Participant: 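Mind having a look at this structure? Questions to follow.
We name chains A, B, ... by the order of the sequence lines, and we start the count at 1 in each one. Every number for a ligand or one of its atoms is a count from 1 in the order of the listing. The figures that follow rest on heavy atoms only: side chains count, while hydrogens, waters and symmetry mates do not.
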Amino acid sequence: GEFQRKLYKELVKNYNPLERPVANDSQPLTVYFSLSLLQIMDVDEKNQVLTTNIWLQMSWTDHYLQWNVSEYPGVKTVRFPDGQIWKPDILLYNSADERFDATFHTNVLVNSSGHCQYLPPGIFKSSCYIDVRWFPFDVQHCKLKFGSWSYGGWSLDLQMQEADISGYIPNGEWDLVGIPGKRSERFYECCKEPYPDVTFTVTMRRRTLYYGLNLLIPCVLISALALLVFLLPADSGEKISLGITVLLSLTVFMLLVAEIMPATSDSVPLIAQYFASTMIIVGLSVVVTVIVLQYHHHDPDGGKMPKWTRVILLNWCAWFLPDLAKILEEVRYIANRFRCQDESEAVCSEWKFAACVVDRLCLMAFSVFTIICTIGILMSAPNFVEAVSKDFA
Amino acid sequence: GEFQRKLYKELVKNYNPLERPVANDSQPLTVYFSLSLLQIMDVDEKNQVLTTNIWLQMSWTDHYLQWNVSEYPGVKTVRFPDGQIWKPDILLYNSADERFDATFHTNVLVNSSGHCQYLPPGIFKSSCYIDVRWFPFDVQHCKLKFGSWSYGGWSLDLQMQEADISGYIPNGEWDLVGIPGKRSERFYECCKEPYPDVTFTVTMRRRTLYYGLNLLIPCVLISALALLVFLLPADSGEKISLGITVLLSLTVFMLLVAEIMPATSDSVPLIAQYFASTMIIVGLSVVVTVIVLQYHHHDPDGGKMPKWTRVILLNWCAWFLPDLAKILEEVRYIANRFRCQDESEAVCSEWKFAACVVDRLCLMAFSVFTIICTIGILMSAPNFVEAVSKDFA
Amino acid sequence: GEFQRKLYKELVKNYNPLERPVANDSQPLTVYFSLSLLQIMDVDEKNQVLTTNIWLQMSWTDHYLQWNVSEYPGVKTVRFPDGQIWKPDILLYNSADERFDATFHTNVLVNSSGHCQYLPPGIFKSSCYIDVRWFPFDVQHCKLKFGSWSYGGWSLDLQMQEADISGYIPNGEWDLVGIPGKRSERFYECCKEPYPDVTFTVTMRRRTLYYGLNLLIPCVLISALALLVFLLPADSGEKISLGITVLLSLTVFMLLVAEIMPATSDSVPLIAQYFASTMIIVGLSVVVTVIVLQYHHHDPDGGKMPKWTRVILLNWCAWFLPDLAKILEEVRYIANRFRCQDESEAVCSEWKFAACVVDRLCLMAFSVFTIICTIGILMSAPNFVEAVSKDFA
Amino acid sequence: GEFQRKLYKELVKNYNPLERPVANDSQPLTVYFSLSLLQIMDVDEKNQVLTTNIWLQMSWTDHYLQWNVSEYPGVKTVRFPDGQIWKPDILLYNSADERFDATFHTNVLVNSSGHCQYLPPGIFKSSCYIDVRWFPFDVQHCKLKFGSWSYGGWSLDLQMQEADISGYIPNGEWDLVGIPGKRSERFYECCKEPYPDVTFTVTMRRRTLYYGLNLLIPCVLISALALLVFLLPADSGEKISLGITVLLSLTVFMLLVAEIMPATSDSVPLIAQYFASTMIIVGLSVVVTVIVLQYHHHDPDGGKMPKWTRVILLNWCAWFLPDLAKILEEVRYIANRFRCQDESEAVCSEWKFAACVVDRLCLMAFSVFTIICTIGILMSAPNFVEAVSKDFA
Amino acid sequence: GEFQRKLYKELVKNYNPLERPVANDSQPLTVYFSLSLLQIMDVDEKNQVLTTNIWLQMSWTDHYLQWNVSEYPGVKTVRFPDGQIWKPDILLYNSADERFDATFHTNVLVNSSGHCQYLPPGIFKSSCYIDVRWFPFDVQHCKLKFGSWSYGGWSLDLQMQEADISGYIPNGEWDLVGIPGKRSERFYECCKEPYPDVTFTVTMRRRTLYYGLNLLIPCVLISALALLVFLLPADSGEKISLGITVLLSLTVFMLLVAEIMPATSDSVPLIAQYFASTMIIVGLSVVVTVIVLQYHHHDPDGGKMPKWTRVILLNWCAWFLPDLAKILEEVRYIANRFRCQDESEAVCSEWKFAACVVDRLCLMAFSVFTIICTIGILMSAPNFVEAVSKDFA
Ligand SMILES: *[C@@H]1O[C@H](CO)[C@@H](O)[C@H](O)[C@H]1NC(C)=O
Ligand SMILES: *[C@@H]1O[C@H](CO)[C@@H](O)[C@H](O)[C@H]1NC(C)=O
Ligand SMILES: *[C@@H]1O[C@H](CO)[C@@H](O)[C@H](O)[C@H]1NC(C)=O
Ligand SMILES: *[C@@H]1O[C@H](CO)[C@@H](O)[C@H](O)[C@H]1NC(C)=O
Ligand SMILES: *[C@@H]1O[C@H](CO)[C@@H](O)[C@H](O)[C@H]1NC(C)=O
Ligand SMILES: CN1CCC[C@H]1c1cccnc1
C-alpha cells in the first residue's frame with residue numbers, strides 16, 4: 001500500500017549494511033543464538049560425518065530500523081533480503097561440507113521496535129568422532145560449534161538459548177538422548193580479544209534390533225558350530241572339512257561388520273577381538289588335527305618323542321582324564337593284518353586322546369573368550385537393560 | 001514495439017520489489033498454490049529420499065502492475081525476471097537437497113488485470129519414511145510440505161488447489177495411487193503468528209513382477225530343497241553336505257534383499273524373519289545329524305543316557321511313530337564281524353529313528369514358519385488380489 | 001576502433017532487455033530452433049538417463065539492433081553477453097539434471113540486418129524410457145523436448161529445422177540410426193494459449209560384439225553342460241555334485257546381466273526367462289535324482305506305490321522306451337550276499353529307468369525353452385541380419 | 001600510491017569491455033594461445049575421460065590500455081579482474097565437465113605497451129577415445145581442442161605456440177611421450193566464416209610393472225595348470241574336479257580385467273580372446289572326460305559305434321600314436337570277477353587312449369592359441385623392448 | 001552509531017579496490033602468510049588426494065584505511081566484505097578440487113593503523129604423491145604450495161610464518177609428525193620476474209594397530225598353514241585339496257590390500273612381493289605333487305628317466321637325506337597281489353622321497369622369502385620401535 005511504500009523508502013535512507021547497528025559504539029551488541037533440530041539425516045562412520053537438518057535462530061535489535069505505528073497504520077513488520085541490512089556472521093567451525101557455509105539465506109523480519117529475527121534453514125554436515133569399540137551398543141556425542149568469525153567479545157555479545165526439539169522426527173536407527181548447549185569464551189593466536197562460542201552436543205544411542213537380528217543370531221549359531229567341531233572327535237573327513245569351512249567362511253565374510261567401522265587405530269570393537277581369538281583357536285585346532293591325522297599314526301610314542309613336552313602332557317593327563325596248509329597260513333597272515341589294524345587303532349586311540357586334550361584346550365580357551373566378551377557387552381553401559389527394554393520390544 | 005517499450009518504462013516507475021503488492025496494508029494477500037507432478041524419478045530406500053519432477057503453481061494479484069489495453073494496443077501480457085518484482089517465498093520444509101531450494105527461476109507472467117502467474121520447474125529430493133516391513137507388497141506415503149518461510153497468516157493468505165496429474169508419465173516400478181493435499185495452520189516457537197501450510201501426500205504402490213520373478217521362484221525352490229533335506233534320511237555324505245551348503249549359501253547370499261532396505265530398527269520384513277527362522281531350524285538339523293552320525297554309533301543307549309530326556313523321547317515315540325579248523329574258525333570270526341556289522345546297523349536304526357524324530361520336529365517347525373509367512377503375506381493389504389490382477393498380468 | 005565504440009554506444013541507447021524485439025506488438029516473433037548432436041556420452045539403464053553433448057541453434061531477428069554499414073565502415077557484426085539483450089527462454093522439458101538448465105551461456109552474434117544467432121553448448125542429461133526386454137539386441141528411442149517456458153503461440157512462433165549430424169563422433173557401444181524432429185502445439189492447464197514445442201527423437205541401436213563375446217559363449221557352454229548332466233546317468237558323486245554346482249553357480253552369478261537392467265516390472269528380458277526356466281528344470285532334476293538315489297533303493301515297487309502315478313508312468317514307458325562244511329556254507333552265504341547285490345542292482349536298474357524318464361522330461365522341456373528363446377531372438381527385429389552383418393564383422 | 005590511483009582512474013575512462021580492442025576495425029586481432037601441462041590426474045577408461053591440470057596462456061595487445069611511464073613513475077603494470085576489460089572467449093570444444101567451462105578466472109596483467117597476458121588455471125575433464133585392445137601395452141592419444149566460440153577468422157586471428165612441459169610432474173601409471181599441437185581452420189553450418197582452432201594431442205604410454213606383477217604371473221601359473229590338467233590322465237576324482245575348478249574360477253574371476261575396460265564393441269583385447277579360447281577348450285575337455293568316464297566303460301566299441309567317426313579316429317591313431325568243490329568253484333567265480341575287472345581295465349585302456357587323443361587335441365589347440373597371443377603381444381608396438389628396458393627395470 | 005557511520009562514509013571516499021595500497025608505488029608491499037591446520041579429514045590413496053581443514057592467515061598494511069581514534073571515539077576496528085577493498089590473490093598451486101579455489105570468503109578486519117587481517121577458512125583437497133611400498137609402516141610427506149598468482153617479487157613481497165597446530169584434532173589413522181614451511185622464489189616462462197612461494201610439508205605416520213589386527217594375524221596363520229602343507233606328506237586327498245584351497249583363496253582374497261593402493265608402477269609393496277613369491281612356490285608344490293601322485297606310480301625309475309636330472313637329484317640326496325589245490329593257488333595269487341601292493345608301496349616310498357625333496361625345496365625357499373620380508377619390515381624405518389612403543393600400546 002501507500003504506507004508500506006513510504007516506510008520502505010524511509011527506512012533505507014542513509015543506511016549502511018556495513019555498520020553495526022548500535023546507538024553507542026563503545027558497547028557490545030547482544031545477539032541471542034539458538035538451534036532447532038528437525039532430523040538426523042545420516043551418521044556416516046566411514047568418513048565420520050553427521051548430517052542433520054537444522055534451523056538456526058538469531059535475534060538482535062537494530063537501532064535504525066524503527067518507526068511509529070500510528071504514522072504508518074496497518075504495517076507492523078518489514079522483511080529485508082540478504083544484502084540489504086546488517087546480519088551476524090555466524091559460522092559452524094567444525095564443518096565438513098565442501099562449502100564452509102551450508103545455510104539457505106532467507107529474509108530478516110523486523111517489527112516496529114527494531115527487533116530483527118533470522119531463522120535460516122540448512123542441512124549441515126559436521127565432522128564428529130565416531131566410536132564403535134562398543135558396537136552395536138554405543139552412545140555417540142557429536143558437537144556443533146557456532147560462533148562469529150570476525151566479531152570479538154567487545155563488539156558482538158553472543159548469548160545461548162536452549163535448543164528446540166518440539167518438531168523432531170524420530171530416526172529409525174538412532175535414538176536421541178539430548179542436545180545440551182554451552183557458551184564459552186576462547187582465545188586465539190589471531191589477536192588479543194576473547195571470542196564467544198556456542199556448542200551443542202547431540203547425543204544419540206543406536207537401536208540394536210536390526211543389527212541384532214542380522215548378526216547376533218548367525219554369530220551365535222556359528223560359535224555353537226565351532227564349539228561342536230571342537231567337541232567333535234578327530235577324523236579325516238568331517239573334522240578337517242568343517243574346521244577349514246568355518247575358518248575360511250568366517251575369515252572372508254566377517255568383514256561385513258568391519259565395512260561399517262573406521263580404520264582408526266585407537267581401540268578395537270569387542271566383537272572383532274572375539275572373532276580374531278576364536279579364529280586363532282580354530283586354526284590351531286585344525287592344524288593340530290591334521291598333524292595327528294596324517295603326519296604319523298603308526299606308533300603311540302610318535303607325538304611324545306621329547307621329554308620336555310612328554311612330562312607336561314603326562315601331568316595334564318594326570319590332572320584331566322602242506323601247500324594248502326601254507327595258504328591257510330596266509331589266511332592266518334591276513335588275520336595278523338587285522339591284528340595290525342587293531343594295533344593301528346590302539347595308536348589312533350592314543351593319538352586321539354592327545355588330540356582330545358588339545359581339543360579341550362581349544363574348547364575352554366574359546367569359552368573363556370566368549371565369557372569375557374559377553375561380560376564386557378552385558379555390564380558395559382549404565383542402565384543397559386533399557387536397550388532390551390526399549391529397542392528389542 | 002513502441003507501446004511495449006512505453007509500457008515497460010511506465011510499469012517499473014517507483015516500483016519496490018520489497019513491498020508486498022496490496023492496496024490495503026491491513027489485509028492479507030491471497031495466494032493460490034498448487035502442484036503438477038510429472039515423474040517419480042527415484043525412491044531410494046537406503047537414504048530414504050524421494051526424487052520427483054514437479055512444476056509449482058503460484059497465482060496472485062499485483063495492485064501496481066495494471067494498465068489499460070486501449071492505451072497500449074496489442075500488448076496483453078508482460079513478463080518479469082527473478083529480481084524485478086515481488087514473489088512469494090514458498091519453500092519445501094522437508095527437503096533433502098544440499099541446497100534447500102531446488103527450483104529453476106523462470107519469468108513471472110502478468111496480464112492487464114495485474115494477475116501474476118509463476119510456474120517454476122524443479123527436481124525435488126524430499127525425505128520421507130520408507131517402510132519395507134511388508135516387502136515386496138508395500139504402499140508408501142511420502143509427504144511434500146510447502147509454505148511461506150517469513151510471511152504469517154495476517155500477511156500471506158495461502159490457499160490450496162488440487163494437484164495436476166494429466167501429464168504424469170507412469171513409472172515402471174511404482175504405481176501411483178493418488179496425491180491428495182491438505183492446508184493447515186501451524187504455530188511455531190518463533191513468534192505469535194499462525195503460519196499456513198500445504199501438504200501433498202504422494203501415495204505409491206510397488207510393482208511386484210520383477211522382484212517376484214527374481215526372488216520368489218528361487219526362494220520357493222530353496223525352501224523345497226530344505227524340506228527335502230529335512231525329509232532326507234540321515235547320512236554322512238549327502239545329508240551333511242547339503243545341509244551345510246544350504247546354510248552357508250543362504251546365509252551369505254540372502255543379503256541381496258537386505259541391501260535394498262534401511263537399517264531402521266522399527267520392524268522386520270516378514271521375508272527376513274522367515275529366512276532367519278528356517279536358518280536356525282536347518283542349523284539345528286545339521287548339528288544334530290552330525291552328532292548322531294559321528295559322536296557315537298556303537299550303542300543304542302548312547303543318546304538316551306539321561307532319564308529326563310529319555311521319558312520325553314519315549315512319550316514322543318508313543319505319540320508319533322586242527323590248524324585248518326582254527327583258520328576256518330577265523331572265517332567264522334569274520335562272519336561274527338559281519339554280525340557285529342548287523343549290530344552296528346541296529347544301533348544305526350535306533351539312532352536314525354531318533355534323528356528322524358528330530359527331522360520331523362525341524363520339518364513341522366519349518367512348515368509352521370512358512371504357513372505364518374504366507375498367511376501374513378496373503379491377507380496383508382486390503383484388495384490384495386489387485387496386485388496379481390494388475391501387476392503379474 | 002572508433003566506429004566500433006560509437007556503434008556500441010549507439011546500439012544500447014534506450015534498449016530494454018525485457019521488451020520483445022518486434023516492430024508490431026500484435027504479431028508473433030518467428031524463432032528458428034535446431035540442434036547439433038556431437039556425442040552420446042552415456043546411456044544409463046539403472047537410472048534411465050541419456051547424457052549427450054549438444055549445441056542448440058536459435059535464430060531470430062531483432063528490430064532495434066540495426067545499423068548502416070557505410071556509416072560504420074569495417075564493423076559488420078557485434079556480440080552481446082547474456083544479460084544485455086533479449087533472448088528466448090528455451091528449456092528442455094524432460095530434464096534429469098539437478099539444475100533444470102544445463103547450457104553454457106555464450107555471446108549472441110548480430111549482423112547489420114539485426115539477425116541474431118545463438119549457439120550455446122551443453123551436456124544434457126534427459127530422462128528417457130529404457131527397454132531391455134530384447135537385450136542385447138535392442139533399439140532405443142529417447143526424446144528431447146524443447147520449448148519456450150513463458151511465451152505462447154501468439155508471442156513466440158517456434159519453428160523447426162533438421163538436426164545436424166555432420167560432426168557426430170561415433171560411439172563404441174551404440175549405433176545412431178537417426179534423429180528426426182517434430183513440431184507440435186500443446187494445451188496446458190495454465191491458461192488459454194497454445195504452446196509450440198519441438199521434439200527430437202534420438203534412435204540408437206546397440207553393438208552386440210562385446211556383450212556377445214562376454215555372455216553368449218559361456219551361456220552356450222553352461223547350457224550344453226546342463227544338457228549333459230540331464231543326459232548323464234543318475235549317480236551319487238558326479239550327477240548330484242554337477243547339478244548342485246550348476247544350480248548354485250548360475251543362480252548366484254547370473255545377476256551380472258541383471259545389474260545392467262532396471263527394476264521396471266513392465267516386461268522380462270528373454271534371457272532371464274530362459275535362465276529361470278532352465279533353473280527350475282535343473283532343480284527338479286537334482287531333487288528327483290536325490291530322491292531316487294538315497295530315499296529308497298531296496299525294492300522296485302518303492303516309487304510306484306500309488307496306482308494313480310503308476311498308470312501314467314506305465315503309459316509313458318509304453319509310449320517311450322561238518323563245521324568246515326558250515327563255514328563253506330557261510331562262504332555260500334556271502335555268495336548269496338553278492339546275489340542280493342545283484343537284486344539291488346536290478347532295483348537300481350528299475351529306479352534308473354524311472355530317473356531316465358524324468359531326465360528325458362527335463363531334457364526336452366529344457367530344449368523347448370531354448371528353442372522358444374532362440375526363435376524369439378532370431379526373428380525379433382526387422383532386418384536382424386544387419387547386426388551379424390555389421391556388428392560381429 | 002598517487003600515480004597508481006590516477007592511472008587507474010584514467011584508464012577506465014570511456015572504456016567498453018564489449019568492444020574489441022583494435023585501432024582499425026577492418027583488421028583481425030592476433031591472439032597467441034598456448035598451454036602448460038602440470039599433471040595427468042586421471043585416465044578413466046569406464047567413462048573414457050582424461051582429467052588433467054592445465055594453465056592456459058593467452059597473449060594479445062590492447063590499444064586503449066597504454067600510458068607513458070615518465071608521467072606515472074614507478075608503475076609498470078596494472079591488473080584487471082574478470083568483467084572489467086575485454087578477454088577472448090576461448091573454450092574447450094570436447095569437454096566432459098557438467099559445466100562447459102572449467103577455468104578459474106584470474107586477473108589480466110597489462111604493461112605500459114598495452115600487452116595483455118592471461119594465464120587461468122584449471123582442471124579439465126575432456127572426452128577422448130580409450131583403446132585397450134592392446135592392454136596392458138597400449139599408447140593413448142587424447143585430444144584437447146581449443147577455440148574461440150563466437151569470433152571468426154576475420155575478427156580474431158588465433159595463433160599457436162608450443163606447449164610447456166618444464167613443470168610436469170611424472171605420473172606413476174602413464175608415461176608422457178609428447179604433446180604436439182596443430183592449428184587449423186574449420187567451416188561450420190552456422191555461417192560463412194572460417195574458424196581457427198588449436199588442438200593439442202597428449203600422448204601417453206602405460207607402465208606395465210604393476211599390472212604385470214598383478215596379472216601376468218597368476219595368468220601364466222593358471223595356464224600351466226590347465227596344460228597339466230590337459231596332460232593329466234583321465235580319472236574321476238582329480239581330473240574332473242581340477243577341470244571344473246579351473247573353468248568356474250577363471251570364468252568368474254577373470255572379470256577383474258574386464259572391469260577396467262569399456263563396453264565398446266570395436267575390438268577385443270587379446271588377453272580376453274585368449275581367455276575365451278582356452279575356456280572353450282577346457283570346457284570341451286571336461287565334458288568329453290565326463291562322457292568317457294561315466295557314460296559307458298563296459299565295451300571298447302562303445303565310443304566308435306559310427307563308421308564316419310571311426311574312420312577319422314583310426315586315421316588319427318595311425319598318424320599319431322562236492323559242495324566244498326562248488327564253493328571253491330565260487331572262489332573261481334570271484335577270480336573270474338577279477339578277470340572281468342581286467343576286461344574292464346582293457347576297456348578303460350581303449351577309452352583312455354581315445355581320451356588322450358582328445359586331450360592332445362585340446363593341448364595343441366591351447367598351445368596354438370597361446371602362441372598367437374604371445375606373438376601378437378611381443379611384436380605389437382614398434383620399439384617394444386623399451387617397456388622391458390624402462391618399465392620393468 | 002554516529003561515529004561508525006561517519007567513519008564508514010569517509011573511508012570509502014575515492015577508494016579503488018583495484019589499486020595496490022602502498023604510499024610509494026616503486027616499493028613492494030609486504031604480506032605475511034601463515035597457515036593453521038585443524039584436521040586431516042582424508043588421505044585417499046586410490047586418487048592420491050589429501051583433504052584437510054585449514055585456516056589461512058594473511059596480514060598486511062593498507063595506507064588509505066587509517067583514521068584518528070580521538071576523532072571517532074569508541075570505534076577501533078572496521079570490517080570490509082569480499083569486493084570492497086584490495087586483497088591478495090593467494091592460491092594453492094597443486095589443487096585437486098573441481099574449482100581451483102576452495103576458500104570461504106569472510107570479512108577483512110582493519111584497525112586504526114591500517115593493519116588488515118584476513119583468515120578465510122577452507123577444506124582443501126590437494127594432490128600429493130602417496131607411497132605404500134612400505135605399507136603398513138609408512139611416512140607420507142604431502143606438500144601445499146601457496147603463492148600469488150599475478151603479483152611478482154617487485155610488487156608483492158611474500159613472507160612466511162610458522163604454522164599453527166595448537167587447535168589440531170588428532171586423527172585416528174594418521175599421526176602428525178610435523179608441518180614445516182619454506183619460502184622460495186621461482187622463475188616461470190610467463191615473463192621476467194621472480195615469484196615468491198610458500199610451501200608447507202605435512203608429514204604423517206600411519207597407525208598400524210587396526211591394519212595389524214586385520215591383516216597380520218590371518219596372514220601369519222595362512223603362512224603357517226602353507227608351511228604345514230609343505231611339510232605334510234604327499235597324499236591324494238588332504239595334500240592336494242589343502243594346496244588348491246590355499247592357492248585359490250589367497251589369490252582371490254588377497255586383493256583387499258591391493259584395493260587400498262594405487263596402480264603406480266614405481267615400486268611394489270613388500271607384502272605383495274612376499275604373497276606372490278609364496279604363491280609361485282605353493283603352485284609349484286601342488287603341480288609337482290599331482291604329477292608324482294597320478295602321472296606315474298608303478299615304477300621307481302619313472303621320475304628319473306633322464307640322466308641329466310638323475311645326477312643332480314642323486315647329488316642332492318647324497319647332500320640331504322587238484323582243482324581245490326589250484327583254487328588255493330589262486331589264493332596264493334591274491335597273496336601275490338598283496339605282494340604287488342607292497343611293490344607299489346615301495347614305488348610310492350621312492351616317489352615320496354622325491355616329493356619330500358621337492359617339498360623341502362619349497363619349504364626353505366618360502367622361509368627365505370619370509371626372512372627377507374621380515375628383515376625388510378623390521379629394520380626399515382629409523383626408530384621403528386616407536387610404532388610398537390606408541391601405536392600397539
Ligand atoms: C506516533 O504518532 C502519533 C500521532 O501522530 C503520536 O501521538 C505519537 O506520539 C507518536 N509516537 C511517538 C513515539 O512519537
Ligand atoms: C482505456 O482507454 C480508452 C480510450 O482512451 C478509454 O475509453 C477507457 O475508458 C480507458 N479505460 C479505463 C479503465 O480508464
Ligand atoms: C548508408 O550511408 C550512405 C552514406 O551516408 C548512404 O548513401 C546510404 O543511403 C545509407 N543507407 C541507408 C539505408 O540509409
Ligand atoms: C613521456 O613523458 C616525458 C616527460 O613528460 C616526455 O619527455 C616523453 O616524450 C613522453 N613519452 C611520449 C611517447 O609521449
Ligand atoms: C587526533 O585527535 C586529537 C583531538 O582532535 C588530536 O589532539 C590528535 O593530534 C589527533 N591525532 C593525529 C595523529 O592527528
Ligand atoms: C514459519 N517460518 C518458517 C520456519 C521459521 C519460521 C520463521 C519465522 C520468522 C522468520 N523466519 C522464519
Participant: What is the name of the drug located at ligand 6?
Facilitator: (S)-(-)-nicotine
Participant: Which chain forms the largest contact interface with (S)-(-)-nicotine (ligand 6) when counted as heavy-atom pairs under 4.5 Å, and how does UniProt name it?
Facilitator: Neuronal acetylcholine receptor subunit alpha-7
Participant: Provide the letters of the other chains having heavy-atom distances to (S)-(-)-nicotine (ligand 6) under 4.0 Å.
Facilitator: A, B
Participant: Which nucleotides or residues of neighbouring chains are within 4.0 Å of (S)-(-)-nicotine (ligand 6) (non-hydrogen atoms)?
Facilitator: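 At that heavy-atom cut-off, the site is A/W55, A/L119, B/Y93, B/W149, B/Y188, B/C190, B/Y195.
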Participant: For (S)-(-)-nicotine (ligand 6), which transmembrane segments of chain B, in UniProt's N-terminal-first numbering, have a heavy atom under 4.0 Å away?
Facilitator: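 UniProt segments with a heavy atom under 4.0 Å: none.
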Participant: Looking only at protein heavy atoms, identify the closest one to atom 8 (C) of (S)-(-)-nicotine (ligand 6) and say how far it is in Å.
Facilitator: B/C190 SG, 3.3 Å
Participant: Quick check, please: with a 4.0 Å heavy-atom cut-off, which UniProt Ca(2+)-binding residues in chain B are near (S)-(-)-nicotine (ligand 6)?
Facilitator: B/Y188
Participant: Which residue holds the protein heavy atom closest to atom 6 (C) of (S)-(-)-nicotine (ligand 6), what is that atom called, and what is the gap in Å?
Facilitator: B/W149 O, 3.7 Å
Participant: Tell me: protein heavy atom nearest atom 5 (C) of (S)-(-)-nicotine (ligand 6), and distance?
Facilitator: A/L119 CD2, 3.8 Å
Participant: Could you tell me, atom by atom, which parts of (S)-(-)-nicotine (ligand 6) come under 4.0 Å of a heavy atom of B/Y195?
Facilitator: 1 (C), 8 (C), 9 (C)
Participant: Below 4.0 angstrom from a heavy atom of B/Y188, which (S)-(-)-nicotine (ligand 6) atoms are there? Numbered from 1 as shown, please.
Facilitator: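 Checking each atom against B/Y188, I get 1 (C).
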Participant: Quick check: A/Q117 and (S)-(-)-nicotine (ligand 6), any N/O pair under 3.5 Å apart?
Facilitator: no
Participant: Taking only heavy atoms of A/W55 into account, list the atoms of (S)-(-)-nicotine (ligand 6) that are under 4.0 Å away from them.
Facilitator: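 Near A/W55, meaning under 4.0 Å from one of its heavy atoms, (S)-(-)-nicotine (ligand 6) has 4 (C).
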